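Structure with echinomycin present.
Chain identifiers are assigned alphabetically (A, B, ...) following the order of the sequence lines, protein sequences preceding nucleic acid strands; residue numbering begins at 1 within each chain. Non-standard residues: parent letter or X; surplus atoms excluded from contact counts.
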Number of protein chains: 2
Amino acid sequence: XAXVXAXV
Amino acid sequence: XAXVXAXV
DNA sequence: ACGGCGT
DNA sequence: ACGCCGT
Ligand SMILES: *C(=O)c1cnc2ccccc2n1
Ligand SMILES: *C(=O)c1cnc2ccccc2n1
Ligand SMILES: *C(=O)c1cnc2ccccc2n1
Ligand SMILES: *C(=O)c1cnc2ccccc2n1
Ligand SMILES: [Mn+2]
Ligand SMILES: [Mn+2]
Ligand SMILES: [Mn+2]
């Protein structure tokens, strides 16, 4: 759920 | 029902 | 009845 | 360096 690199 | 990773 | 990620 | 859900 977090998007820091992927944003799933 | 929500699809945030599975979407059932 | 449902599980996932890359810069 | 990052954590989330509803029909
Ligand atoms: C989002 O909050 C989140 C939490 N855990 C994960 C584990 C594996 C892949 C993606 C994820 N996303
Ligand atoms: C994004 O691509 C990414 C990759 N590795 C991580 C490790 C820890 C926190 C956030 C990250 N984000
Ligand atoms: C969707 O709204 C939803 C709600 N509760 C669940 C529980 C278990 C599996 C899937 C679900 N989906
Ligand atoms: C998606 O794969 C997924 C997995 N675990 C979760 C836990 C809490 C909220 C959303 C989630 N999504
Ligand atoms: Mn699960
Ligand atoms: Mn990775
Ligand atoms: Mn719920």
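Within this structure, echinomycin can be identified as chains A and B.
By chain letter, the other chains having a heavy atom closer than 4.5 Å to echinomycin (chain A) are B, C, D.
Checking the PDB entry, one finds chain B called Echinomycin.
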